[PDB]
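Lab note: Fab-IP2 L chain, rocuronium bound.
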Amino acid sequence: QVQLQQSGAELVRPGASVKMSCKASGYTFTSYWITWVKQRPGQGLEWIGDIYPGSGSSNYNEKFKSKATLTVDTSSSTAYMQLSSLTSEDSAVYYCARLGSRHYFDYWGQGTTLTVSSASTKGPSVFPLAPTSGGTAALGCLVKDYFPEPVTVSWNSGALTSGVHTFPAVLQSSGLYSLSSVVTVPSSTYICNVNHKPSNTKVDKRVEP
Amino acid sequence: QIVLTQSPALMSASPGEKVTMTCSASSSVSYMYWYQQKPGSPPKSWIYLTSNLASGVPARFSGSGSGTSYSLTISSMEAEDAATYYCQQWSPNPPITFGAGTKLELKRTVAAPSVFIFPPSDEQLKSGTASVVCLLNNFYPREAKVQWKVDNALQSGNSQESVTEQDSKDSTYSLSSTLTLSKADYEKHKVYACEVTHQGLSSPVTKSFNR
Ligand SMILES: C=CC[N+]1([C@H]2C[C@H]3[C@@H]4CC[C@H]5C[C@H](O)[C@@H](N6CCOCC6)C[C@]5(C)[C@H]4CC[C@]3(C)[C@H]2OC(C)=O)CCCC1
């Protein structure tokens, strides 16, 4: 099928450049335009520009005319976008889409999350949460002080799924992130398996009263 | 540089109701596009060239409008239609622009939260830092107030809030407030209370503990 696979997340220092890939498959790459979209949490979507792989011709939004640079490698069927001299305003999820025959983006890529920071990675400190309002009782994990995002929290290596709420990460005054993952169980063992890929911090933890 | 203002900012709808979101443009535009985005996933083309439906888009969706006011309408809401809808304009002029999006949430009865307090872990107390967590479980609507109080004194600035996305099953939200103070200031005090104010609660609920 028609697929668009984007490159992995980037953590790049401000002032430096970043180059991301969108590997196209399942269609004649050189026949349809590829567009790039910026997505910052809260300020909607932004059109960066498009490129026709069979020509290398490109349209840019005058906003990003000097920020982004679009290229194509027709041999490997990959389209590229380079973001030069990065700033905090460039931290966003970058989507890559194929413009279809019927004048609409029919296929998209999963996206690449760009985090623009000079700070080096930080593994989280996992802490347990002490195990009754509303007939139920709760326990959990505090994944505290880590950078960048994200962390993957599961319970009983995936066995426990019901009543689990993995809260969204919060930015702390310290500049580091911190999320909670709580599992609600009523009157009738519990292990949390935290995983931070950026600093290879896979930490298991048993929550006991 | 046509500015597309989308309204409402967020709205609620019970399955079966007629939903209509508007996209007002700063100047006249040639065409109007709409995208459906759910969390964790890339957007999806919903409506193209002001009124056509994209592949997969069901019959209940329809879009229309002209000049400075275009709209997306769902004849009868479904549970899977809870998502953010962004509009996007096209015109001979070059910057194709987008709206800030309308988040479409599901309506339901008011439900009071379940409150739980969490004293700092012994492991974290060794680390010289103390974190008291307060959980507000399964409640509706999203607006809930959390006042941390230490020895009856209102705390400020050292708390961080986080709210889950609306539940797939019961359509309620959960919230967590984390009070984080140094081990030094933690031992300077005894009673740690968490005061929750909500529409579903007749009077505020206070879960607490003594150090
Ligand atoms: C990805 C690249 C696409 N871009 C623009 C390009 C835009 C097109 C430019 C030419 C237009 C001619 C005509 O007036 C219309 N008819 C053609 C025949 O059939 C009936 C309607 C619409 C028309 C095709 C436009 C529709 C929206 C088009 C695809 C836009 O795409 C979107 C998604 O907005 C986005 C950025 C700049 C280029």
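Letters A, B, ... label the chains, following the sequence lines from first to last. Here chain A follows the PDB entry, giving residues 1-131, 136-192, 198-218 in order. Note that chain B is numbered according to the PDB entry, with residues 1-211 shown in order. Numbering of ligands and ligand atoms starts at 1, following listing order.
- At a heavy-atom cut-off of 4.0 Å, other chains contacting rocuronium (ligand 1): A, B.
- Using a 4.0 Å heavy-atom cut-off, the binding site of rocuronium (ligand 1) is formed by A:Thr35, A:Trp47, A:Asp50, A:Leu99, A:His103, A:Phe105, B:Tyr31, B:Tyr33, B:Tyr35, B:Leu49, B:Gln88, B:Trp90, B:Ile96.
- With respect to atom 3 (C) of rocuronium (ligand 1), the closest heavy atom belonging to the protein is A:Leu99 CD2, 3.6 Å.
- Atoms of rocuronium (ligand 1) lying under 4.0 Å from any heavy atom of B:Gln88, numbered from 1 in the order shown and given with element: 32 (C), 33 (C), 34 (O).
- Considering backbone and side-chain atoms alike, A:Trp47 places every N or O at 3.5 Å or more from each N or O of rocuronium (ligand 1).
- Less than 4.0 angstrom separates some heavy atom of A:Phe105 from each of these atoms of rocuronium (ligand 1): 1 (C), 33 (C).
- Among all protein heavy atoms, the one lying closest to atom 16 (N) of rocuronium (ligand 1) is B:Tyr31 OH, 4.1 Å.
- Scanning the protein heavy atoms around atom 38 (C) of rocuronium (ligand 1), the nearest turns out to be A:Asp50 OD2, 3.7 Å.
- Entry name for chain A - Fab-IP2 H chain.
- Atoms of rocuronium (ligand 1) found under 4.0 Å from any heavy atom of B:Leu49 (numbered from 1 in listed order, with element): 21 (C), 22 (C), 26 (C).
- Residue and atom in covalent linkage with rocuronium (ligand 1): none.
- At the top of the distance list for atom 35 (C) of rocuronium (ligand 1), counting protein heavy atoms only, stands B:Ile96 CD1, 3.7 Å.
- Within the 4.0 Å cut-off (strictly below), no protein heavy atom is located near atom 20 (C) of rocuronium (ligand 1).
- Looking at atom 24 (C) of rocuronium (ligand 1), its nearest protein heavy atom turns out to be A:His103 ND1, 3.1 Å.
- Closest protein heavy atom to atom 9 (C) of rocuronium (ligand 1): B:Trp90 CZ2, 3.6 Å.
- From the protein, the heavy atom lying nearest to atom 31 (O) of rocuronium (ligand 1) is B:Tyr33 OH, 4.5 Å.
- Among all protein heavy atoms, the one lying closest to atom 1 (C) of rocuronium (ligand 1) is A:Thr35 OG1, 2.8 Å.
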